[PDB]
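Below is one structure, written out as structure tokens, with a few remarks after it.
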Amino acid sequence: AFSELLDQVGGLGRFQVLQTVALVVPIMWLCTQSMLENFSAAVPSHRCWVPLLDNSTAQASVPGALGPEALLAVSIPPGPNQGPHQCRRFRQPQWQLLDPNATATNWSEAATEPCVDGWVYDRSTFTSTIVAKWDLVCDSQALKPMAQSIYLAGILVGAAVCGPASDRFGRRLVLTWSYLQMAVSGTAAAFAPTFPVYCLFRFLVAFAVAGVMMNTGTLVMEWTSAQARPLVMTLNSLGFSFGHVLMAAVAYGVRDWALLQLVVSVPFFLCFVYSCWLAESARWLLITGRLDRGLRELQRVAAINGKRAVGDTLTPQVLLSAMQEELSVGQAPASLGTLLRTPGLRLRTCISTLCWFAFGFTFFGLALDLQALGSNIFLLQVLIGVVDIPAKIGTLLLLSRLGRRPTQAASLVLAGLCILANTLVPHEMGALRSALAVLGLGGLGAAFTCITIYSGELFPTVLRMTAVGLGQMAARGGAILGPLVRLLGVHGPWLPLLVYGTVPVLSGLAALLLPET
Ligand SMILES: O=C(O)CSc1nnc(Br)n1-c1ccc(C2CC2)c2ccccc12
């Protein structure tokens, strides 16, 4: 509402605290939904099915007993990197390779049989997985990143439909609808019998995620005081930061792809239930002509804040007079035609969108394939969640006592360089490998928070929202494009990481040209 009304009702008080907690608690269970891919779509070791071992009759037919290690060679070509071929097998058994004296070079995949009877996955760490369920290996390997991209695509669609809709129906209504949509879509995805059905439900879940994010952010921004809008927006982000730790904790308990999804998505039903008691933003109600509901909402907030006499004295006449400043000046959003046309503003917007896209691309291309960064995924997730908090908190202090531009450049460049170095280190040493990956991810989070604080300040007041929205769209597009880099993994696992580490470095170096403050 207007400053005078929000002051007579109370800037920061009990109701603020309550609504912020209510709206931040779901953010953890939404970061869990976003990061569920790491655990529900893990890729375990997958040898090729062979009748000799799986079928006990053939194995028992041979007199005596033969060790599995020796009997696997006679039916699996020696694959690259001194290991069994994951997608090939021997068409017929070859006892010649059984003798260790003979060199195994002659035994190769020249006359190997492509997997016909299916794959045998390991269940030591994951009882079941999407990859092990729908055989997303070998020829279908590329289908794994695609499912991650489509989900991200949904987010881009959600922000494209939850913007105007929320501006015509409200924030509380769309928030409740998105909560229920997320709950139902996540519950239904657990029972998907085919890959396309699961992908469609994941896309709907992403739609709901975008809706929830935008609506909760807008409600928090509107119901908070002017001097603390970015602060509580960064609190919204810190909720996701702790959702990382929540995801790490939940995965270690349930080892499955359906039970994990169901447990992750079921709390959103309770979210929808209690979401019917939140407060619709009074600002939107007043500017959109809803006066009685706005008055009721303001009185409710004031009573909750402990001021009943102040609310009792409010009248529609004063309510309209307070909002006359906004009613008379009917600010309409400005199109990009008045933004990119000015030559003196092109470089700023270009660099801003470059930074937004670089983060949205590298971060979500790296975090989705968390297995490639380190040794085990649980420790990586826990450390990411633990470290992203202090980095984000310290970024604010750096901004306070240091310029915005140098902090942005340093954070982005250091994150990119750490990601690049993570690839160069020998693969045997996993400790520094995971440490460098964690430091790079924390630096990326710090850079994201810094750019979020920075983007609004460069552009004038009138054009700030257009530039912010353009940056968010660029970040979502980069997120969509991020997983597609892993498609360039057939050449080697190093190329995707090299791309992911080279992009942030160049973006940071470019981010030193835009003016300070
Ligand atoms: O705007 C807000 O309310 C803050 S959202 C936030 N917090 N940490 C992070 Br990473 N992000 C996020 C930042 C950016 C994105 C988009 C895809 C490019 C995200 C997409 C899904 C989930 C979190 C996201």
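Numbering of chain A is taken from the PDB entry, so the residues present carry the numbers 2-518, in order. Counting starts at 1 for both ligands and their atoms, in listed order. Side chains are part of it too, since the values below use all heavy atoms of this structure and drop only hydrogens, waters and symmetry mates.
- Between ibogaine, lesinurad, zolpidem, the one at ligand 1 is lesinurad.
- The macromolecule with the greatest number of heavy-atom pairs within 4.5 Å of lesinurad (ligand 1) is, in the PDB entry, named urat1.
- According to the entry, the source organism of chain A is Homo sapiens.
- Distances from atom 17 (C) of lesinurad (ligand 1) to the protein include at least one heavy-atom value under 4.0 Å.
- Here is the list of lesinurad (ligand 1) atoms found below 4.0 Å of a heavy atom in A480: 17 (C), 18 (C).
- Checking only distances, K393 never comes within under 3.5 Å of lesinurad (ligand 1), N or O to N or O.
- Remark: minimum distance from atom 13 (C) of lesinurad (ligand 1) to any protein heavy atom is reached at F449 CZ, 3.8 Å.
- Atoms of lesinurad (ligand 1) lying under 4.0 Å from any heavy atom of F364, numbered from 1 in the order shown and given with element: 10 (Br).
- Per-residue contacts place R477 under 4.0 angstrom from the following atoms of lesinurad (ligand 1) (heavy atoms of the residue considered): 18 (C).
- Here the protein heavy atom with the shortest distance to atom 14 (C) of lesinurad (ligand 1) is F360 CE2, 4.2 Å.
- The protein atom (non-hydrogen) at minimum distance from atom 23 (C) of lesinurad (ligand 1) is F241 CE1, 3.5 Å.
- Close approach of lesinurad (ligand 1) to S238 is summarised as follows: ligand atoms under 4.0 Å from at least one heavy atom of the residue are 7 (N), 8 (N).
- Ranking the protein heavy atoms by distance from atom 20 (C) of lesinurad (ligand 1) puts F365 CE1, 3.5 Å first.
- Shown in contact with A476 at under 4.0 Å from a heavy atom are these atoms of lesinurad (ligand 1), numbered in order with element: 18 (C).
- The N237 neighbourhood of lesinurad (ligand 1) comprises atoms 2 (C), 3 (O), with distances under 4.0 Å to a heavy atom of that residue.
- Assignment of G218 to the shell around lesinurad (ligand 1) is not supported, since no heavy atom sits closer than 4.0 Å.
- Lab note: binding site of lesinurad (ligand 1), heavy atoms under 4.0 Å, is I156, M214, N237, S238, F241, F360, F364, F365, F449, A476, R477, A480.
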Just the distances, no angles: every lesinurad (ligand 1) N or O to protein N or O pair closer than 3.5 Å, one line each.
unit_1	atom_1	unit_2	atom_2	d
lesinurad (ligand 1)	3 (O)	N237	ND2	2.4
lesinurad (ligand 1)	7 (N)	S238	OG	3.1
lesinurad (ligand 1)	8 (N)	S238	OG	3.4

